[PDB]
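Note: structure shows bemcentinib engaged with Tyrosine-protein kinase JAK2.
Heads up, chain A uses the PDB entry numbers, so what you see runs 536-822. Read the numbers this way: they start at 1 and go in the same order the structure lists the ligands and their atoms.
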Amino acid sequence: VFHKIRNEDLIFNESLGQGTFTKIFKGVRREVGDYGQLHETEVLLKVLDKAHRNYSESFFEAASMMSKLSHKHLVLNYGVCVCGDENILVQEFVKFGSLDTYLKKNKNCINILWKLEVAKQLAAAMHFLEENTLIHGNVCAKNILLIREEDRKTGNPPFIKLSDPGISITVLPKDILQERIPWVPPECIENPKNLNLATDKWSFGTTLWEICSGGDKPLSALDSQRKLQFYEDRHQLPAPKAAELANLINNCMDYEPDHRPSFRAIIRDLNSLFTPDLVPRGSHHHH
Ligand SMILES: Nc1nc(Nc2ccc3c(c2)CC[C@@H](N2CCCC2)CC3)nn1-c1cc2c(nn1)-c1ccccc1CCC2
């Protein structure tokens, strides 16, 4: 049972963007808070598109996953609005918005440690889900939200959260799934109901690619037919210049689901990259 928030206690402000079958708005919620004090809080209002109301059950059940879990890297739910004929979730408003937009705007000022920190934080969230045997199913840079920017005055890192997964791929049309290549793994295009924990390891690889590519969208130049063919031909994404991160991307985007690495191993690989290696590559041989 979601906490029910009266529409009279919600003010809908600017559009903040859109997801699959959804639109998001910035809102203000009026509530009685701790100590009976009336407060106003910024909120995210996520509205299921009128043209997609048949997915309402999957829309709410996906958000309920994050009501049952509490973790510092997971977006908070506040409740649902009794907004008449509208299916509307009231969630935490993350100040700096989605990571894909942020990476694109700030691609000049983001260094490798920033990227490693964000990737390690996402891997920490995903290890928590893995340990709970829960499948997200929609890991992408758009669904990663930036709580706080890096503070170069102190060395403090950025801080991210992962959003709820939205409507499950298990109910989505094939045409939608094809457009979601290469986030949706190859085995889930024809049979999305076969998704498993290995699904999220593939998508994590794609998301790490996004992080390393300044918010480019992989394979955006390929139409749906050519995206399908990319999987038929067993291609990998183009390597970022950071070779060790290219290796991790590709290890996660293994066409064999059972060979994709655990999130514990992913975290280990990321952690190792924080320590500089000043020995020239290939020094085991003398010329
Ligand atoms: N929680 C949650 N806060 C937020 N803040 C947010 C979103 C957009 C902006 C801002 C904040 C302000 C910053 C602005 N910049 C621009 C440059 C300077 C300032 C950018 C605008 N966005 N956001 C969320 C976002 C999504 C899903 N969920 N939440 C989502 C999850 C699953 C399925 C579908 C969706 C819907 C779309 C993605």
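- Counting repeats, the structure shows bemcentinib at ligand 1.
- For bemcentinib (ligand 1), the residues with heavy atoms nearer than 4.0 Å are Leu551, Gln553, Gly554, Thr557, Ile559, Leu579, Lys581, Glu627, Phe628, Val629, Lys630, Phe631, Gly632, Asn678, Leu680, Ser698, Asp699.
- Each of the atoms 11 (C), 12 (C), 13 (C) of bemcentinib (ligand 1) lies under 4.0 Å from some heavy atom of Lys630.
- Of the protein's heavy atoms, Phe631 O, 4.5 Å lies nearest to atom 15 (N) of bemcentinib (ligand 1).
- Scanning the protein heavy atoms around atom 3 (N) of bemcentinib (ligand 1), the nearest turns out to be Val629 N, 3.0 Å.
- From the protein, the heavy atom lying nearest to atom 32 (C) of bemcentinib (ligand 1) is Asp699 O, 3.3 Å.
- Under a 4.0 Å criterion applied to the non-hydrogen atoms of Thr557, bemcentinib (ligand 1) contributes the atoms 34 (C), 36 (C).
- Taking any N or O of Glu627, backbone or side chain, at least one lies under 3.5 Å from an N or O belonging to bemcentinib (ligand 1).
- Atoms of bemcentinib (ligand 1) lying under 4.0 Å from at least one heavy atom of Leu680, given by number and element, are 2 (C), 22 (N), 23 (N), 24 (C), 25 (C).
- Atom numbering of bemcentinib (ligand 1) starts at 1 in the shown order; those under 4.0 Å from a heavy atom of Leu579 are 1 (N), 2 (C), 3 (N), 4 (C), 22 (N), 23 (N).
- Of all protein heavy atoms, the one lying nearest to atom 18 (C) of bemcentinib (ligand 1) is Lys640 CE, 4.6 Å.
- For atom 35 (C) of bemcentinib (ligand 1), the closest heavy atom belonging to the protein is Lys581 CD, 3.9 Å.
- Atoms of bemcentinib (ligand 1) found under 4.0 Å from any heavy atom of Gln553, numbered from 1 in the order shown, are 37 (C).
- Among protein heavy atoms, the minimum distance from atom 7 (C) of bemcentinib (ligand 1) is reached at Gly632 CA, 3.7 Å.
- In terms of protein heavy-atom proximity, atom 9 (C) of bemcentinib (ligand 1) is nearest to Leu551 CD2, 3.8 Å.
- Nearest non-hydrogen protein atom to atom 16 (C) of bemcentinib (ligand 1) is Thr636 CG2, 4.9 Å.
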